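Notes on a structure featuring tetracycline.
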Amino acid sequence: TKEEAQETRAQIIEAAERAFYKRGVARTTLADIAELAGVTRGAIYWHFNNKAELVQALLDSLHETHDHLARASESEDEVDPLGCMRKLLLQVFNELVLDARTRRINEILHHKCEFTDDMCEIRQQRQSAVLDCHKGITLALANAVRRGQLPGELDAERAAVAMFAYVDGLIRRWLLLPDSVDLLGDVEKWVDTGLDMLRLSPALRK
Amino acid sequence: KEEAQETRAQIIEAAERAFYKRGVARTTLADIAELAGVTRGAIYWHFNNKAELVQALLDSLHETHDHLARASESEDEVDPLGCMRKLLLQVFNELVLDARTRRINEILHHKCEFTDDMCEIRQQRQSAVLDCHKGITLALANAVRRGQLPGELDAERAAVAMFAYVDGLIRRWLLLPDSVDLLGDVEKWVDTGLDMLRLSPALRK
Ligand SMILES: CN(C)[C@@H]1C(O)=C(C(N)=O)C(=O)[C@@]2(O)C(O)=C3C(=O)c4c(O)cccc4[C@@](C)(O)[C@H]3C[C@@H]12
């Protein structure tokens, strides 16, 4: 409930993003995240025990902007879940293009963050999160089955992986070669292309 | 050879070992050299720097599929889409059965940072992806020229959609393998992809 410590936590997060982004997550110490932030070594430790905790705080911020539509899509009480899933994807893509903060954490996540046995928790955290995310899209896809928006004999599980794979590879393609996906201009196409596969692909049924 | 040609294959092997253990960012050539039992100078005779080693591991992934790739990319092929099916199935098989291929993909996706202290890695990957992208395009185009796919079909985007999907499937399997019976369901996983390209209006113009 104090405020200096809420200010200081929010500045460690900013510095970390800028640091991890220049030097990468591998060779960046917490001492480093200190000098850049203006703060003190001790303060980073009060706030974060280790760098894997910090990285986790970063990955976690990405789910905040989307919580609403995510929760709506998966509630069995939603009238239009495919509807919420389509708007979620439009928002994910839009936020990625407009918001430099999101583009950078994604860049840290995809191109600047090694899984080395020396730092085992980076990978575990990441596994957990993809399983989480996985959980969600499944409940959601199965809801669009009941309500007759997706084919009735769909395999939610596999369909979820298909879609996740598709969204993940596309975000990554765009971070590597933005000038090859007019992702802002065509966002509707890219999102719908993914959904297409889910509703029509015969190999996703059963 | 005189001074070994093989020394090369031995440096590449120690590079995979070091890279897989400590990652690309913090492996030095002295690490690689001690791992291979040679000196830094022996490394310098085959490679100018670390980005050259990474490059050579990356470029080693392409050999196996070589002929099925050219086959798809050739106009004179009777069955371009079937050649892409054969290729995807091999990509998935080799990845699941060959520890060497699994380890290098794992280096590439999860143990290789792009940082401006070396920008060559990011650049090498970029051209690598455009190269491959260009191949998919010409592949998708033939399948259209012979009515294996829908008509006048927007290739460029279906290409990107293809690569995105395969790429993210691989990465998904490297992260959580016991959640994609990749080996066992290879047929379904490949075709889900191919179904996208033929049955998706959004990929039509
Ligand atoms: C080791 N792994 C198996 C291969 C690889 O080294 C890749 C890489 N970027 O290093 C892939 O992206 C690789 O995983 C990959 O994504 C490949 C493809 O996407 C395709 C697609 O989609 C269609 C036709 C041909 C290919 C391909 C030959 O380029 C595939 C090569 C794949």
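Chain letters follow the order of the sequence lines: the first is A, the second B, and so on. Heads up, chain A uses the PDB entry numbers, so what you see runs 5-210. Just so it is clear, chain B uses the PDB entry numbers, and the residues here are 6-210, in order. What's counted below: heavy atoms across the whole structure, side chains too, no hydrogens, waters or symmetry copies. Looking at the header, which is where the method is noted, we find X-ray crystallography, 2.7 Å. When a ligand or atom number is given, it counts from 1 through the structure's own listing order.
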Quiz prompt | Largest contact partner of tetracycline (ligand 1) (naming from the PDB entry) | solution = HTH-type transcriptional regulator ttgr
Practice problem: Using a heavy-atom cut-off of 4.0 Å, list the other chains contacting tetracycline (ligand 1). | Solution: B
Quiz prompt | Entry-listed organism of chain B | solution = Pseudomonas putida
Exercise. Please list the residues near tetracycline (ligand 1), using 4.0 Å as the heavy-atom limit.
Key: B/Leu66, B/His70, B/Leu92, B/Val96, B/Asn110, B/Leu113, B/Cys137, B/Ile141, B/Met167, B/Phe168, B/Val171, B/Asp172, B/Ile175
